[PDB]
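Oseltamivir carboxylate:Neuraminidase C complex.
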Amino acid sequence: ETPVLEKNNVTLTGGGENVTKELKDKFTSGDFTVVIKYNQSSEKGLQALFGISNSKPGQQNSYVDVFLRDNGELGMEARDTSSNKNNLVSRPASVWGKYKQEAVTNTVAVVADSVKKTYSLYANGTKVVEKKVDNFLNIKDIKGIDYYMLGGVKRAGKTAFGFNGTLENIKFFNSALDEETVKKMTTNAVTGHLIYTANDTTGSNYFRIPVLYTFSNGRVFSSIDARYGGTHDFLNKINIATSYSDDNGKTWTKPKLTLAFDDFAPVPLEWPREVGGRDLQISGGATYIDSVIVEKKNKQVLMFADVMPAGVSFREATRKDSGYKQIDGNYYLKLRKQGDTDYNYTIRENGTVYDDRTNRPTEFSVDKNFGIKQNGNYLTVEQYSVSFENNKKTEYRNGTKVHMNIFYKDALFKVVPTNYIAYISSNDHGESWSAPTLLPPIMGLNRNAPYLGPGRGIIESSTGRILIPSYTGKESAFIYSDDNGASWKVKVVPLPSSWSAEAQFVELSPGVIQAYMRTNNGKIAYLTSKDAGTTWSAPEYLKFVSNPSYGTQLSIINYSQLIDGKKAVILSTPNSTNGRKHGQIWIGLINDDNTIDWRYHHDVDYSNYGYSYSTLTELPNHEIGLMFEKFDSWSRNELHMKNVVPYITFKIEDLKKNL
Ligand SMILES: CCC(CC)O[C@@H]1C=C(C(=O)O)C[C@H](N)[C@H]1NC(C)=O
């Protein structure tokens, strides 16, 4: 299948290029595919990559274009003046602007299919949107089309939406090309920055909450939430997926599901993005969410995640019960049998389920992955799948029989419907993992677990203490071990307001650590301890970041090399009061007195481009790896988008900007 027109290397500065002679009447069916490899020399304003129009005055709403905005949104219009049919299809955060001071080359495409009555948009290997419209228009449906141009739309004799940049290659086809074809054609160097992709080996269309960590053997490791029913935190099905690199982040393993329940199938789901439909949720599968990684001094790796029973969000999680009982000085996870009102059972030694009323073993036991057995045989339940037919969400039993599990809605014995924290360990730097262990009720029997601050933990150098950041919604909760992870305690620090206090740690000098965290006041807070985390100061606030009240998670790490002769920390965060945008990487230099000179910053892409959760690591060659949400993960307008969590790399030289 060959283009009706191909052009190369067309450099424009808002003025466009007439190609009317080389396109006139060549769209026989009226359908089209246009594939554009381009880079922008300026991001400002609404810019059309091409425009097919009726250019006569009074016909200025008769055109087809593909456009870009300054926030990375890719869109198309198909309009006809006389019928007053005005189609607009787009998806936020579809393209990249700049990377390390240079214009990024993207490849985008539009497909208009008359048989399906859909418009499709592709960017850098991804089909970002396909939308069926009632009032469909192809080129033949638009009346008096007489003008075909590159880099703008001709409206009433004037060039509108002038493009600034270079069209490196543009191809016009006069039919609708298939999805696989256009995905290949738009595949480029940007595509390689996506470690997790829609319907890869995780089976998930959506991801959020990336984490990076570099292990002592040189391996660069990531984890992430695989979110199946859109990007909702709740209700949903979420797994923790992982992937790693042994060549300094150049190539990554195919993602694996590492923490995953199977009450619901890990399937690719087409979650609706329309107003209203986008609030749709699955009824809730048992879920792991918000992972935290740390390497122990003995080189063992721990990964933590929040664990939620099926149907339980942060909103309905009981605040007044840990899910544990104390019996003869032991903390046992407690269970309610279907039909009982009280929790009459505990999981004790070897997983044996005891009736606490008679204090004897029952026929039941629970394995180390929470699966239920009776007299040594597994009980099962039927797994759910979710589908769309074609309003129209349905959930159904799908034929698969899975082990019955205490975290499932269909279990005979159920845990308290609240949140827990689990961890798994690896002695082979992430190739294989243990069974999960739930943290003991560190907050007390009559309180639920805290929520993890996604990112890393640290090991404080002077004492060897392991520190894992978490929060309750009213307090910081710094989870810690003084015995190489054999036991766990917690320091609870009341906060001045109800912060979603996702935090990360840095060590400024031996014994001295800071917890940088999200607030509900627009600022990044940091609290300081000078006794290795045993006591904490009142909060102070960074002066140069100003965000919305909801806040965003941040990443901060210690860096191993001197910068300007000083020890350095590296911070990544959005910085904008208008949304989760204007991603910045800041370099802070530690002064002799343990204050920090925030001397450099690098804007990650243009300032109106999306930037939400982030994670930094120091690569073994001392470059910096960053994985981040390249969209606004708070905005209702940016929910449920595919392939928006890229990995990129910086030399320190790239970051030492702006002073
Ligand atoms: C709205 C705050 C609330 C914490 C209580 O949600 C957090 C916010 C998030 C967010 O603002 O994007 C994502 C976190 N994964 C989520 N944590 C949990 C446990 O659901």
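We're sticking with the PDB entry numbering for chain A, so the shown stretch reads 83-741, in order. When a ligand or atom number is given, it counts from 1 through the structure's own listing order.
- Scanning all protein heavy atoms for the shortest distance to atom 17 (N) of oseltamivir carboxylate gives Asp372 OD2, 3.3 Å.
- Look at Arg397 and you'll find every heavy atom at least 4.0 Å from all atoms of oseltamivir carboxylate.
- Under a 4.0 Å criterion applied to the non-hydrogen atoms of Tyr695, oseltamivir carboxylate contributes the atoms 8 (C), 9 (C), 10 (C), 11 (O), 12 (O), 13 (C), 14 (C).
- The deposit names the source of chain A as Streptococcus pneumoniae serotype 4 (strain ATCC BAA-334 / TIGR4).
- In this structure, atom 15 (N) of oseltamivir carboxylate lies nearest to the protein heavy atom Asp315 OD2, 2.6 Å.
- Among all protein heavy atoms, the one lying closest to atom 6 (O) of oseltamivir carboxylate is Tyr553 OH, 4.6 Å.
- The site surrounding oseltamivir carboxylate, defined by heavy atoms under 4.0 Å, contains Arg290, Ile291, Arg309, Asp315, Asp372, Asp388, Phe396, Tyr533, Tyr553, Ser582, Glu584, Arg600, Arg662, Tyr695, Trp716.
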